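The structure appears right after this line, and notes come after that.
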Amino acid sequence: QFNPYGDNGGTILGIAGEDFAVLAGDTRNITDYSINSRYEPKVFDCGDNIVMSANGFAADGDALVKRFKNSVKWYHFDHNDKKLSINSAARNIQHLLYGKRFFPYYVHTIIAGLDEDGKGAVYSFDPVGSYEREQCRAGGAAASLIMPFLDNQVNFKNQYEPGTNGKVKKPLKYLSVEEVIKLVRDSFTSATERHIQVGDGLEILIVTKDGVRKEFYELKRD
Amino acid sequence: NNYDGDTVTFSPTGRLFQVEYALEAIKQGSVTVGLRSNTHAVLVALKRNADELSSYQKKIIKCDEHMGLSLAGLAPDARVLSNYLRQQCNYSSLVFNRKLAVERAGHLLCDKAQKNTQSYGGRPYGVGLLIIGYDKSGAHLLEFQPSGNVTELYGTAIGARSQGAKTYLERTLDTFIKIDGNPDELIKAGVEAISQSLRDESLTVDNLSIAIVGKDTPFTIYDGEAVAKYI
Amino acid sequence: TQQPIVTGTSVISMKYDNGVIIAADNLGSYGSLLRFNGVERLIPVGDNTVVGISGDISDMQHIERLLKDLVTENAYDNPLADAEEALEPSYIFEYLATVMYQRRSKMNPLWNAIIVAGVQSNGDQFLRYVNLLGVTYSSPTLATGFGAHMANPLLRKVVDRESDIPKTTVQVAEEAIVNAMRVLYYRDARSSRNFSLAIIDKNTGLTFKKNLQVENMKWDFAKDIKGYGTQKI
Amino acid sequence: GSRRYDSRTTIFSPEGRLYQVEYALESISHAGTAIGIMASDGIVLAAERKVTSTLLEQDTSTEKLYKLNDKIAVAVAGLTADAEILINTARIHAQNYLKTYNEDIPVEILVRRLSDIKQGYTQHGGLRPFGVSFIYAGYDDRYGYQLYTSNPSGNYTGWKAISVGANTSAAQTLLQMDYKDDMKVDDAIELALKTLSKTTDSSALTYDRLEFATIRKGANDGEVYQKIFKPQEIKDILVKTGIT
Amino acid sequence: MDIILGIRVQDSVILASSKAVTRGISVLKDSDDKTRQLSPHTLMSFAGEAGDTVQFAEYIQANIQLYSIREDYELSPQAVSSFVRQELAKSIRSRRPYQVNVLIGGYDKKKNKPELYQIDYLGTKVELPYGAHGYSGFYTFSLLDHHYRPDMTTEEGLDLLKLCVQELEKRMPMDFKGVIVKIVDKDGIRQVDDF
Amino acid sequence: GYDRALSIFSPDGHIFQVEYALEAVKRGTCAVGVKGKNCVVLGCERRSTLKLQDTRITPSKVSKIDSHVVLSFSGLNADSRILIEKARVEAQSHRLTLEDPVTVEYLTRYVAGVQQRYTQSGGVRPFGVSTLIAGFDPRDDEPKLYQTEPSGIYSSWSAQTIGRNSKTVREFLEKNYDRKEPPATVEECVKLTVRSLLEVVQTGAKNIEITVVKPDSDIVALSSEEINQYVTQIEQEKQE
Amino acid sequence: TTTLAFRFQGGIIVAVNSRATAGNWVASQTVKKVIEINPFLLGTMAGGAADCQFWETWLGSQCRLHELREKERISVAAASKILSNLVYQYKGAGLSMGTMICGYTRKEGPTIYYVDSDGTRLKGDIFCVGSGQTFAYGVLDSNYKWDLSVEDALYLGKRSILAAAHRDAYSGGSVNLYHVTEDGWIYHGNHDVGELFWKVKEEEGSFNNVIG
Amino acid sequence: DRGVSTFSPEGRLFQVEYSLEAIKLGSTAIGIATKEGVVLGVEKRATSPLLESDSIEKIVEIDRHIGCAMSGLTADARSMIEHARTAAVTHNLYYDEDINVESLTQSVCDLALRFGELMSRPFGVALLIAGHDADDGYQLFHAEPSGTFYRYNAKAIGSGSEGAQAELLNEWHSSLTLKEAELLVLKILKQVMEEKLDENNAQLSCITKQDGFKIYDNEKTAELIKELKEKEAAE
Ligand SMILES: *[C@@](C)(CO)[C@](*)(O)[C@H](CC(C)C)NC(=O)[C@H](Cc1ccccc1)NC(=O)[C@H](CC(C)C)NC(=O)[C@H](CCc1ccccc1)NC(=O)CN1CCOCC1
Ligand SMILES: [Mg+2]
């Protein structure tokens, strides 16, 4: 019987800073035990300082990104070139996803950018449209490997102040773009080591008030 | 007389009066000018107001990053046709990953307007359009009429007293066509062209409306203080 | 819901410095029966694109007709149909990719894997894959079916990344493709010796080679192999 | 287009009248008179056939009086063909009600629905109205014996005695004169015939130019019987009242 | 939804319906009224699939109330039961049928007689002296066969009903949290608050 | 389907079909609505050219939409049935979804909306009917009286009349009805309603219908003798 | 999930956890399971995240349209029935929702309606919904009285979620409190179970099963 | 007869031009836009003294940030308001934000020309749509049955429109306060109205960023009427 879904592997990661936000994702595309491409980007600049990635079944992911990019275009036409805020984009994506509630897009979607106060924002979606704003989110094949490490290093979970008898927690603070990119690179090199579907290359998209910058790094190709 | 009740009726001399009356709505509309060189294409539009307390009716509409038009006549009909162009431009991008040719844009508009002139119940569109764009074969300018007739031109003008600007462009043809790699000078030629259609009124800051598209220039519209340079 | 009846096996391809090469054998299998031997599975579109198709042949012939009709439709009201407004590989691919995904979304797929190889108007190499699920991807080397498992490893030794493309000549690239076709003949049970090969170069244009054969095969060592373990005679 | 040939059947006059309904009523006024009289122990339906020919088969004929169910009947005035369309609908509606509730349909409910159909043809659809006026005669266990009338407008009203068709003005005056509330069926039969005999446009009223029917409780114990009179039975009742 | 009973006596119809609403391993509510008044002298109890029961009962209620306003007249219990049966008879061959079983207790004012109708989700109608739906019947029917008499009073009917509830409380596996009892007679519908 | 635009604008800016529908209302029998301090009364004319009528079964002029709301009308009788049916269905539909009976304003708004829809829908003509809708909102003791008309406009009235010779009875009500002090009792409200109809009717026998509506679904129609007592009382006080 | 809401002398308490799971994978610890429909209406979310989140924000739009059309705030009964009639249309399609519509109006007073995806709609004083509902019931029922103070009622709702958060594997994260009065709903903070458990253990002297 | 969507020889749609004549017969409605807010005021015009004037609803809320006044065949506006309210709420559902006043007006104006042989005729009512958004601030729009809308600093529609518009031309300036605008609507309404202006036969409203769209009470408007009369007698 024809199965309309497939697993293209890969993993993605979104972190939010004080005045910036990053959305990373490996460039490997796979089916079963074969490599399709060592460089197939799945993190996209969608305009209005919104970056997006829909990881999982690539065909559904490409369809979704394509439709959201088009939603942004028509938002400009219908509302006098108004900038689509990240929170408005998130709600719009929910309706795109839930629109196919009974034949879902098999993807974990993450978007990143700046909120209306200029502060870093990351939103994450399930396949049918449930969404939530967070400081931190990993998605895809190696999400289970990366996410607990982020809880520990970004949100300082389970870390207490030395000598305080485990009474005072380590205080929360925003990380610099330099410190965040270190965590992204270490997260992906670790995931590459222990997950077979993750590797080849790492592409990071950084979002500040100035625009959208890109950075690329090599990953192990085995 | 007896043959102007609907669009489905021919007159004894072979005329479609409802289509002609739709053409008349364009002549009452405010003047708009179109012209192009080899690198850029420019739209200049005189906007009209109800009174001093009102805003000035927007004449120019964007269709894609590389295409757009100006209107003269019924504005709601321009909104329908421009929306159709937006969808066709968009279909071409999503399906074929291809920017829609300005010539095809014209062919599609022609065919949409035509269907309204051969069927009972409907009516012709009551608006004239000047479409500009930059595609794989360079800069383009089209003139749409609601009879269905679409015409590719170097320059033109439609609306009330459009004959003045049309005569000027016919004289200036050899000059403005060679304004390559110079946006501001091509606009100046268009602003001087539309000025030949002015009576008693002159071009003010919230009256003039300019749009441009070209080789390394997306379709953008200039209004307000952004057109003060050209007065 | 379909099941494929008459099928075509691997399509293999790669980029080189000035263009792209693509190849596929001339077989139309009917299960284990090697039914049809004169089947062309590379279909040129204009003088700048070649679409290689594997999988169900009835669905392949449907796609042929669509591409044929696409050329006709593009020519309508188009004075620059053989110049600036000619069909690009990227246009042809995106059209097919749209169809493939629409058909999978209606639970009635075109049971195929497709590789669109060509050269763009600006000289850039185009090579992209799409299949029955609507999944798309691009790479310096692309292959379908058994080609993905056996050809890609060989072709990636020549062009392992983007920077290896300018360093690879058409002679070296074609040699690797022809070698890959031999390996597939050794090891793919639904392959044939006869195949077609197409080169799309930005300078010399489209070169379509028919009726090629796998040759320079190693079979001599077979005579020494006796039994399955102990047997000496 | 086709706009040119549209009569616009469903519009108002400047005076606030429905042209087509008024002209349909004018049509009905030339149809054979039909009379309904409601007594305390039954109902009478009498109707005059339209200028009869001697070679018309009289016994196996039905022009004026139709049966809707076991408890309800109607007298027709206007286009017969139009009436039969409405009658079959009314017959179906009565059976739908019986199928749904396992009870015979109340008279008014049937009358209302049939009148609602007529109303529809005056407000929408662009079709001509039904050129028909009915007199409904029926019984149910709620209101007992009931007489109604409906006309092309779709308006219906209840009556003790009523006439439709030709010469209703003259007929209604005569009914208003001799009718009284404690009347019996046999007396109502006589009134119905006497009224037709005076209002008729014919020279003399005869058996072959009449249709007649009664709805009595004259059956055995607490049940209603419908009697559509045969030619010979009309001949006898005409002699018995001293008209011929 | 589980236990609904009905007993027709000399001058009234008595309906008893369990109060429990259970979902999974939790009794979400213990005071649920599994009945709707269709008209001043007609009452319908119901039991079956979750959601369907109330949706169906209220749909019927609205239709009967619409009829009452239109005709300024109350439909007979027999007429209402026939209407309800037809709706269920349509339903069973629909894309998604109503899985609801009902008892209709009413007092016919024209006949001056109480009437009890039992209708299952297939549209199977029967007039009965006493009725039940679900597993309740497997205990109560044999009990009523023995103790029921046709000339009983309303008070005797309530004692007969108490006997049924006691038996159910003894031998039924599930805790149904007692019953709400309602009486339908010539004076309309009223609820017994202490049972 | 029949599509023709029957209701359309004329050069002077009028929709003649809607205005001709008002002429049908002007032809209809007079209907009056008067609201007191704790009640509303709906009076209705019945023309006396129709003798030999059966008043038991003849459709009554005042119709119950729900147990707490009533609707009277003037104009085409057949048209009124369609509005009443739709209103009754909407009344039950509101109870089903909102779990609360309609307010008088909501019911009026619905009926008015239906009338309006028929003024700009293809293939249909406007309703030749104006209605007086009266009653009391759920758990409320403030009397409500609304009027609708073929165009679709609706509004609330302290007292109002519609139908033939309605301009005469409106003239009467305008000087006899005090806003500062409405009819304090049921008797006062009924008397004022009957008085107003006696300016137009002819005889006070079987020509006048009266229906009284009180809070908490308390609606009752008066009989001939009950109404005749008001007629007898008013005439004796008049001779002065 | 675990969610509860109960009615009492001083209005309505509403309490919920904040964990989201995809099987045994803990996906989130910071999910907002209370939806703020308006200043007088709340909605709790259990079951399918998207189904709940999508249809309850949709419910809020329908409640806004009601007060625009009717010039009056929608009743709790009417609001809950819009949702129950919606999910009933999708019955059998596979929606998964266990919601509670809580609020105050003049005519109704404080009111709680349980609404789930198989069409059930119930008015009631106490409800617990979710995978850990039984654990919340255990503590809530055994300590519930109508005459609880606002302070004690807030704590009981918090403590009941904590009990479920502890025992139920698919419940935890943090507790979100709400108090609904005649004047509207009042938010009473986010309480992390990480710190709350030990704080409650020490002060209350409970949770003796756990190694202190 | 003749087609509904027919052009005249002058190039105008007959039915659209005739609907404009219906709007001239309607009661007066005035709108004034300031930097402190937008004011909307209407003439109620009760046809009889028995009619309870408070039931005359010619000023209407579309959303918290958008209000609306009407003039002409007011029954036609009901479906337009219904559409506007749905459009406003729907956009909030899709985009988690308020909708632009211009985008709302455009949505309403799209209905206008959806008639022919869709509905059977154009709307016989004009609308003044007033509101506020973060981008373009306080705005006043005039939405016609032609499908056209103009933005206005001040605008009058209805029977006394041409006389009132000429008065608004002289009186309006860019530094008007909200209180000044309120009095100016009352002043101009009193000039063009047939009957004498008071709190019962005229209604005021406003929309501000802070408090949103609010219809004024009869007690509040009565004080503004009294304040207006005193200021005119003071010089
Ligand atoms: C308690 C907390 C847990 O039971 C509550 O009951 C909560 C209610 C809150 C969240 C509103 N329920 C859940 O946490 C709920 C459990 C569940 C899971 C699946 C179906 C129904 C209920 N969790 C979810 O809904 C999660 C939300 C995650 C954390 C983002 N989503 C999924 O499980 C999604 C979508 C489910 C789905 C439903 C219907 C059709 C298609 C999909 N599924 C996946 O993410 C699939 N999968 C997860 C791991 O990554 C690979 C793919
Ligand atoms: Mg790896």
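Chain naming here is simple, since letters A, B, ... match the order of the sequence lines and numbering starts at 1 in each. Partial entry; contacts are within-part only. As the structure lists them, so they are numbered: ligands from 1, and atoms in each ligand from 1. Heads up, header says this was done by X-ray crystallography, 2.9 Å.
- Measured by close contacts, the chief partner of ligand 1 is listed under UniProt as Proteasome subunit beta type-5.
- The molecule at ligand 1 is the drug named carfilzomib (bound form).
- The heavy-atom neighbours of carfilzomib (bound form, ligand 1) at a 4.0 Å cut-off, by chain: A, G.
- The 4.0 Å heavy-atom shell around carfilzomib (bound form, ligand 1) contains A:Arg101, A:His108, A:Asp126, A:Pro127, A:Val128, G:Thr1, G:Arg19, G:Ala20, G:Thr21, G:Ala22, G:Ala27, G:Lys33, G:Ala46, G:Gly47, G:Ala49, G:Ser131, G:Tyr170.
- Among the bortezomib-binding residues UniProt records for chain G, the set within 4.0 Å of carfilzomib (bound form, ligand 1) by heavy-atom distance is G:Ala49.
- In this entry, the covalent bond from carfilzomib (bound form, ligand 1) runs to G:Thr1 OG1.
- The entry gives chain A the name Proteasome subunit beta type-6.
- The PDB header gives the source organism of chain G as Saccharomyces cerevisiae (strain ATCC 204508 / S288c).
- The closest approach between carfilzomib (bound form, ligand 1) and any UniProt active-site residue of chain G, by heavy atoms to 1 Å, is G:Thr1, 1 Å.
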